[PDB]
**Student:** 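One structure is given below, represented as structure tokens, and several questions about it will come after.
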Amino acid sequence: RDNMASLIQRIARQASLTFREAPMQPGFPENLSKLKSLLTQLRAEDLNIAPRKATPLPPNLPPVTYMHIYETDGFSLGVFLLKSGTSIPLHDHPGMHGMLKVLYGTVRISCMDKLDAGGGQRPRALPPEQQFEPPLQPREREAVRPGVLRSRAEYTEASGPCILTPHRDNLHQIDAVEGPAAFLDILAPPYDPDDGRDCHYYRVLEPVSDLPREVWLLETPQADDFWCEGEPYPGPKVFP
Ligand SMILES: NNc1nncc2ccccc12
Ligand SMILES: NNc1nncc2ccccc12
Ligand SMILES: [Co+2]
């Protein structure tokens, strides 16, 4: 069709409309569904990203890299590229909406939430006799929170986009399965560590089993061996 912008430009426009009057323009549910529809059409070749295959990882190379596409105050738009056998560790997205689309390879995504009384749960404190492996230091026991592990599935470019909300599937872990993988990620609002909106990491405690099952979650510092460095984005530019 004549004069159509690139798909990635149109994704960026729609995320901007989604996450920021006669006739009435779309509301949030309609805009979210349109954003989702655009992401379902996106292929790696639309970003000029050749699928990557396996090559031992030198200790100085990042396990994961990041391609910056665009960002505003409303959203961030970029690509994460995982090397073989790497993992984006379990983390949350506080108060955020998220949408991701696998471009190549296969990822295991585990989706979780911390219990929230605003949803009709009655979150309880960890019981004192409940023990774990490894055992919990006293300051760690006080910091444990209950949560629920909702799903743990493999996703490829043929899967629908994966969506999260402030209150549903807000925690996830992404493991690269059977070689390298990459996905396009939209986050809204973006992280802002200077304004106290950081990426928080977690571990699921193993005590002393189908889904969904309740679990115990402990926040933890970013792992020593996890870091994500930028690399050039080769696809169509998002203007301006
Ligand atoms: N930004 N660099 C790094 N950040 N965190 C962990 C690292 C581990 C090995 C090499 C580089 C690392
Ligand atoms: N699910 N992906 C991610 N979500 N939030 C923050 C991230 C930071 C680094 C790498 C991946 C991230
Ligand atoms: Co994430």
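Following the PDB entry, chain A residues are numbered 3-22, 40-74, 77-229, 239-270, in order. Values reported hereafter were calculated over all heavy atoms of this structure, with side chains retained and with hydrogens, waters and symmetry mates removed. Indexing begins at 1, ligand by ligand and atom by atom, following the structure's order. Method reported for this entry: X-ray crystallography, 1.9 Å.
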**Student:** Which one of clioquinol, anagrelide, hydralazine, clavulanic acid, nitroglycerin was assigned to ligand 2?
**Tutor:**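 It's hydralazine.
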**Student:** So I'm looking at this entry - what's holding onto hydralazine (ligand 2) the most? Name it the way it appears in UniProt, please.
**Tutor:**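 Most heavy-atom pairs under 4.5 Å are with 2-aminoethanethiol dioxygenase.
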**Student:** How far is atom 5 (N) of hydralazine (ligand 2) from its nearest protein heavy atom, and which residue and atom name does that atom have?
**Tutor:**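 Result for atom 5 (N) of hydralazine (ligand 2): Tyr212 OH, 2.9 Å.
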**Student:** Could you tell me which atoms of hydralazine (ligand 2), counted from 1 in the order shown, lie closer than 4.0 angstrom to a heavy atom of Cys220?
**Tutor:**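 Taking each heavy atom of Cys220 in turn, hydralazine (ligand 2) has 6 (C) under 4.0 Å.
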**Student:** Identify the closest protein heavy atom to atom 1 (N) of hydralazine (ligand 2): which residue and atom is it, and at what distance?
**Tutor:** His193 NE2, 2.6 Å
**Student:** Could you check atom 10 (C) of hydralazine (ligand 2) against the protein and tell me its nearest heavy-atom contact, residue, atom and distance included?
**Tutor:**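 The protein heavy atom lying closest is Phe101 CE2, 3.3 Å.
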**Student:** Would you mind checking whether the entry has hydralazine (ligand 2) attached by a covalent bond, and to what residue and atom?
**Tutor:**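 The model shows no covalent bond.
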**Student:** For hydralazine (ligand 2), which is the ligand I care about here, please tell me if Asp113 has any N or O atom under 3.5 Å from one of the ligand's N or O atoms.
**Tutor:** no
**Student:** Please list, in number order, the atoms of hydralazine (ligand 2) under 4.0 Å from a heavy atom of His114.
**Tutor:** 4 (N), 5 (N)
**Student:** List the closest protein heavy-atom neighbour of atom 2 (N) of hydralazine (ligand 2): residue, atom name, distance to the nearest 0.1 Å.
**Tutor:** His112 NE2, 3.5 Å
**Student:** Could you list which atoms of hydralazine (ligand 2) come closer than 4.0 Å to a heavy atom of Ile109?
**Tutor:** 10 (C), 11 (C)
**Student:** Quick check: what organism does the entry name for chain A?
**Tutor:**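 It's listed in the entry as Homo sapiens.
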**Student:** With heavy-atom distances below 4.0 Å as the criterion, list the atoms of hydralazine (ligand 2) near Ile195.
**Tutor:** 1 (N)
**Student:** With respect to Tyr222, determine whether any N or O atom, backbone or side chain, lies less than 3.5 Å from an N or O atom of hydralazine (ligand 2).
**Tutor:** no
